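Here's FK506 binding protein with tacrolimus bound to it.
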There are 2 protein chains.
Amino acid sequence: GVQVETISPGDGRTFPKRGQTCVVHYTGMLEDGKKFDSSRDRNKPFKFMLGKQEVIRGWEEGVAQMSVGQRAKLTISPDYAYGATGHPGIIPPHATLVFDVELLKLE
Amino acid sequence: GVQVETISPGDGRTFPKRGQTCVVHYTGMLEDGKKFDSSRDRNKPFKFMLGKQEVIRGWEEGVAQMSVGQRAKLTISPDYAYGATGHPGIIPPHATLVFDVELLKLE
Ligand SMILES: C=CC[C@@H]1/C=C(\C)C[C@H](C)C[C@H](OC)[C@H]2O[C@@](O)(C(=O)C(=O)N3CCCC[C@H]3C(=O)O[C@H](/C(C)=C/[C@@H]3CC[C@@H](O)[C@H](OC)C3)[C@H](C)[C@@H](O)CC1=O)[C@H](C)C[C@@H]2OC
Ligand SMILES: C=CC[C@@H]1/C=C(\C)C[C@H](C)C[C@H](OC)[C@H]2O[C@@](O)(C(=O)C(=O)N3CCCC[C@H]3C(=O)O[C@H](/C(C)=C/[C@@H]3CC[C@@H](O)[C@H](OC)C3)[C@H](C)[C@@H](O)CC1=O)[C@H](C)C[C@@H]2OC
């Protein structure tokens, strides 16, 4: 599934609802910390909506547990990410992924 | 994983090697037989290579067990396909997929 470990607390009040746009900054890394992607490096937040199969399930269920302003590490098992296939040229088969996610706002 | 059940036998001699192009016709369906895609409908075989994360793992391991001319049903568990996420707008979360695959040739 997904484990959510908090780096900095959110407002403890505003949690994402299906049909809102979540605006986040993320860094994705393998379990040993190797970075494969980050929106912080592009200086451009990533936006997505819950309920539309727009993100891997680990994100759909991890970000729904965060409130605005929170920064958390989401550790996602392979079945909630790219499974036995991986993602071509970036993520190996059976990889647990770690995302450092900051939920900046909801629109 | 993947289960391979044969509809028509292949030559029992020529099995796909990494670095060959497999030329196939396929029909993909959910477990109840609902069709979501077929190359047969486009009259255009699908081609791919083993060893390059070009296909879901269930195909990488299922087609490697088929010889040329064989037609088989590959039943693939979600972790060897799209897992808990599914494929946006086409495949639901946690879906076992069934592919009717004919291995036409290797190039
Ligand atoms: C339409 C095509 C381009 C479109 C691309 C963008 C909007 C740019 C957006 C910043 C993606 C990044 O581009 C630099 C890059 O992000 C990664 O590096 C990454 O960190 C990651 O894992 N992310 C991104 C952050 C949200 C979680 C997760 C995701 O959910 O990503 C989603 C993902 C790949 C889901 C697949 C969908 C197919 C399902 O079958 C499968 O289910 C198993 C899961 C992305 C958002 C797709 O919905 C949308 C796209 O693909 C991937 C390693 C590869 C991906 O490039 C493609
Ligand atoms: C570059 C972009 C376009 C590029 C599209 C084509 C060459 C056209 C090709 C006929 C695809 C079909 O287009 C009508 C259509 O085929 C399906 O309908 C389908 O029957 C299927 O399941 N197939 C196709 C037959 C081989 C097995 C499997 C697959 O392995 O498909 C692969 C797949 C989606 C793998 C993801 C890759 C990301 C990993 O993270 C994830 O790992 C969990 C698995 C396809 C071949 C990709 O490698 C290449 C592409 O995407 C999918 C339901 C959705 C897919 O449309 C996209």
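One letter per chain, A onward, in the order of the sequence lines. Numbers in chain A track the PDB entry; the residues on display, in order, are 1-107. Note that chain B is numbered according to the PDB entry, with residues 1-107 shown in order. Ligands are counted one by one from 1 in listed order, and the atoms in each one are counted from 1 as well. Header lists the method as X-ray crystallography, 1.7 Å. All values below were derived from every heavy atom in this structure, side-chain atoms included, with hydrogens, water molecules and symmetry-related copies excluded.
Copies included, the model assigns tacrolimus to ligands 1 and 2. The chains other than those of the drug that have a heavy atom under 4.0 Å from tacrolimus (ligand 1) are A, B. Within 4.0 Å of tacrolimus (ligand 1) on heavy-atom distance sit the residues A/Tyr26, A/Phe36, A/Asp37, A/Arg42, A/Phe46, A/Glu54, A/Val55, A/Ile56, A/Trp59, A/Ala81, A/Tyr82, A/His87, A/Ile91, A/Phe99, B/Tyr82, B/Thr85, B/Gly86, B/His87, B/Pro88. For tacrolimus (ligand 1), the other ligands and ions with an atom under 4.0 Å away are ligand 2 (tacrolimus). Of the residues of chain A in contact with tacrolimus (ligand 1), the majority fall within UniProt domain PPIase FKBP-type. Counting atoms of tacrolimus (ligand 1) from 1 in the listed order, those under 4.0 Å from a heavy atom of A/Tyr82 are 21 (C), 22 (O), 28 (C), 29 (C), 31 (O), 33 (C), 34 (C), 44 (C), 52 (C), 53 (C). When distances from atom 5 (C) of tacrolimus (ligand 1) to the protein are checked, no heavy atom turns up under 4.0 Å. Atom numbering of tacrolimus (ligand 1) starts at 1 in the shown order; those under 4.0 Å from a heavy atom of A/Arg42 are 10 (C), 14 (C). Near A/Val55, meaning under 4.0 Å from any of its heavy atoms, are these atoms of tacrolimus (ligand 1): 26 (C), 30 (O). At least one N/O-N/O distance between A/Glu54 and tacrolimus (ligand 1) falls below 3.5 Å.
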